[PDB]
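Opening remarks: the structure here includes fedratinib.
Position 1 is the first residue of the sequence; numbering continues from there. Because only heavy atoms are used, hydrogens play no part in the values below, and waters and symmetry mates are left out as well, while side chains stay in. Going by what the header records, the deposited coordinates were determined by electron microscopy, 3.8 Å. Atoms within each ligand, like the ligands themselves, are counted from 1 in listed order.
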Amino acid sequence: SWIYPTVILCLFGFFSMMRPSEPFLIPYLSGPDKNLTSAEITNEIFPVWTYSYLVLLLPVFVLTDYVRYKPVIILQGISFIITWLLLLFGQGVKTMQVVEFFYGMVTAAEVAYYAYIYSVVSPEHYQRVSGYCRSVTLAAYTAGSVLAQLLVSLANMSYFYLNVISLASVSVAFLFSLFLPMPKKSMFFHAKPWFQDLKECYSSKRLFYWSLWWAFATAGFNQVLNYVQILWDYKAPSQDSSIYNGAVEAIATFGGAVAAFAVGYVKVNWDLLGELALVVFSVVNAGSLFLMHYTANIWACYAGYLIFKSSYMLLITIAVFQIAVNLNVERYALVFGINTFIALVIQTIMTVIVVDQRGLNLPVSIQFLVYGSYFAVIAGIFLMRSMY
Ligand SMILES: Cc1cnc(Nc2ccc(OCCN3CCCC3)cc2)nc1Nc1cccc(S(=O)(=O)NC(C)(C)C)c1
């Protein structure tokens, strides 16, 4: 039997990721409804989110496999409700950091939400149902951004009612998430029958470098998707010029889907390709960051974000395909959790040095030059690897 938990899971993935006010969030924080300047959003509230995704990574992962995946989705729905009720009714540098704290706990519970597929479905339908759930979530976010563009850019709806629609969507998601079946078995703790268990997978000289590049690229993309909407707000003000953020992020998610669909059908020989395309797409990423930083037109910044997100989705799907060649079921999520923790340590150190208020207190313009130099160092490491 594989019908009804898949149906309820896909309906929650549809009505949970269908959130319209995600591209139009950074004008809502600095608009006439919330008196917040750009520096108070850039250097004070957002990096706390990263803190809430570091400190709440390891215990919530313990909450992933111990209570067997139902209370973590119930907590994710409650966190949806609290997050959007405090977005509609929170003003200040305290309540918005509470919003970012609960959204970091949302992002922590999302990883537990990915692992519900492999623990309620029979093993004849792992990859098919997992790809269907990922496609439903991505298409739900795409349709939500398209609906936001149709309601804001054409139908002329305010942002407050857009967050009201987002609250109604996550409330319907909570009502769908309460009706989930409890799995009696788990993956690690209550499964069917460290100090000396970690050395076996990490006794390599290839998978270590691929996981390290996965970690650096994940930290870089997390910071770029943190501050790319503030870059959009800086290159074009939300109250002065007409901004088209919903359509651009919809086309960006669609292009990431097209990039993943293109990676899923690569019948190209892997003799010289493993040391050829990585350097080229790294130069493309550095040039996209430099094109978004050295420009003044907002349209060039949208195009640079499109090219950068498509190239990152392509490279990261190649990375997930190459790391998960000789991995088991449990070791998949375990090694990805360890690599996610390493990526978050790197992101935390880089955010405290570059972005955080207790420190340099840098504006949003200099930070994109910093991350361009970051990906330039990554491209130089791939160039030195290609010379070998
Ligand atoms: C409702 C909300 C509350 N707080 C925030 N702050 C925030 C802004 C940008 C962030 O960048 C990281 C985005 N995702 C990338 C991987 C997990 C998190 C993380 C947090 N954003 C929010 N909306 C949001 C803004 C940008 C991206 C996203 S997303 O994570 O849902 N992007 C997709 C998963 C759809 C690709 C969501």
Which chain forms the chief contact surface with fedratinib, and what is its name in UniProt? Thiamine transporter 2
Which transmembrane segments of chain A have some heavy atom under 4.0 Å from fedratinib, with segments numbered from the N terminus following UniProt? 2, 3, 4, 5, 7
